[PDB]
Enquirer: 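Handing you a structure now.
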Amino acid sequence: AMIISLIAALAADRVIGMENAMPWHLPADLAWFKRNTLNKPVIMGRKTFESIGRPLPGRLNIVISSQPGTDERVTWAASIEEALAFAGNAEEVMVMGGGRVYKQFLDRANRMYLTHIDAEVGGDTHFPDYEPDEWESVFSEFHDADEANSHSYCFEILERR
Ligand SMILES: CN(Cc1cnc2nc(N)nc(N)c2n1)c1ccc(C(=O)N[C@@H](CCC(=O)O)C(=O)O)cc1
Ligand SMILES: [Ca+2]
Ligand SMILES: [K+]
């Protein structure tokens, strides 16, 4: 049973994106992202791959795009079907956005790695609205802002009932 997992950073009001990059500086979230995606296939949309600016080391990078990719260092998938097939027989595949990709994988996903950030950023792209009754929280860890992280943040792992 392949576990499909969504991993996302959510500001206030479920905001995940806006026109430009999110206005926060959270190296601790990037370290949590890295820890939870290493040695796993990682599925992302082409815009998210451009946001990163490079391949993610130590993991299988699967970028979904309708147009042919122009970077041989990652795996290019024309559809979510091709993306999942590229993940092979991995026990957990990580879906890291963006907004459209989250909507397409939500029904297939049985686990979520959510970072809740205490920032009212006023964005207009939101994480999909999921039913809270169908998910249960199995991990929770809170951190305050500090000299290195611009906002307080709460790591959470949810699993489908
Ligand atoms: C813009 N972007 C998308 C991004 C950012 N934060 C997230 N945070 C969470 N929780 N989930 C996501 N899907 C997510 N996606 C990025 C940008 C940089 C790196 C990155 O380089 N991360 C390094 C670690 C950070 C570093 O090396 O400086 C890695 O090895 O994964 C990842 C995602
Ligand atoms: Ca954006
Ligand atoms: K290659």
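Heads up: numbering here begins at 1 and tracks the sequence. Start at 1 and go down the list; that is how both ligands and their atoms are numbered. Looks like X-ray crystallography, 2.1 Å, at least that's what the header says.
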Enquirer: Identify the macromolecule bound to ligand 1 in this structure with the most contacts, using its name in the PDB entry.
Expert: Dihydrofolate reductase
Enquirer: What drug from the list epothilone D, methotrexate, mifepristone is seen at ligand 1?
Expert: methotrexate
Enquirer: Mind listing the residues near methotrexate? I'm using heavy atoms under 4.0 Å.
Expert: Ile7, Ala8, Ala9, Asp29, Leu30, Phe33, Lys34, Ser51, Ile52, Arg54, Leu56, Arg59, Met96, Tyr102, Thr115
Enquirer: Considering only non-hydrogen protein atoms, determine which one is nearest to atom 1 (C) of methotrexate and report residue, atom name and distance to 0.1 Å.
Expert: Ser51 CB, 4.0 Å
Enquirer: Identify the protein heavy atom lying closest to atom 13 (N) of methotrexate, giving its residue, its atom name and the separation to 0.1 Å.
Expert: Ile7 O, 2.9 Å
Enquirer: For atom 16 (C) of methotrexate, what's the nearest protein heavy atom and its distance?
Expert: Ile52 CG1, 3.7 Å
Enquirer: Tell me the protein heavy atom at minimum distance from atom 7 (C) of methotrexate, and give that distance in Å.
Expert: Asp29 OD2, 3.6 Å
Enquirer: Any idea what organism the entry names for chain A?
Expert: Yersinia pestis CO92
Enquirer: Using distance alone, determine whether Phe33 and methotrexate share an N or O pair under 3.5 Å.
Expert: no
Enquirer: Does any N/O atom on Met96 come nearer than 3.5 Å to any N/O atom on methotrexate?
Expert: yes
Enquirer: Within the structure, does at least one protein heavy atom fall under 4.0 Å of atom 28 (O) of methotrexate?
Expert: no
Enquirer: Can you report which non-hydrogen protein atom sits closest to atom 31 (O) of methotrexate, along with the distance?
Expert: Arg59 NH1, 2.7 Å
Enquirer: Checking the N or O distance criterion of under 3.5 Å, is methotrexate in contact with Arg54?
Expert: yes
Enquirer: Around atom 25 (C) of methotrexate, find the nearest protein heavy atom and jot down its residue, atom name and distance.
Expert: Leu30 CB, 3.8 Å
Enquirer: Is there at least one pair of N or O atoms, one from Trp32 and one from methotrexate, spaced under 3.5 Å apart?
Expert: no
Enquirer: Note down each nitrogen or oxygen pair, methotrexate side and protein side, whose separation is under 3.5 Å; give only atom names and the distance to 0.1 Å.
Expert:
residue	atom	partner	partner atom	Å
methotrexate	8 (N)	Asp29	OD2	2.8
methotrexate	10 (N)	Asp29	OD1	3.0
methotrexate	10 (N)	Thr115	OG1	3.4
methotrexate	13 (N)	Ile7	O	2.9
methotrexate	13 (N)	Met96	O	3.3
methotrexate	21 (O)	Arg54	NH2	3.2
methotrexate	30 (O)	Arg59	NH2	2.7
methotrexate	31 (O)	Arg59	NH1	2.7
methotrexate	31 (O)	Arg59	NH2	3.4

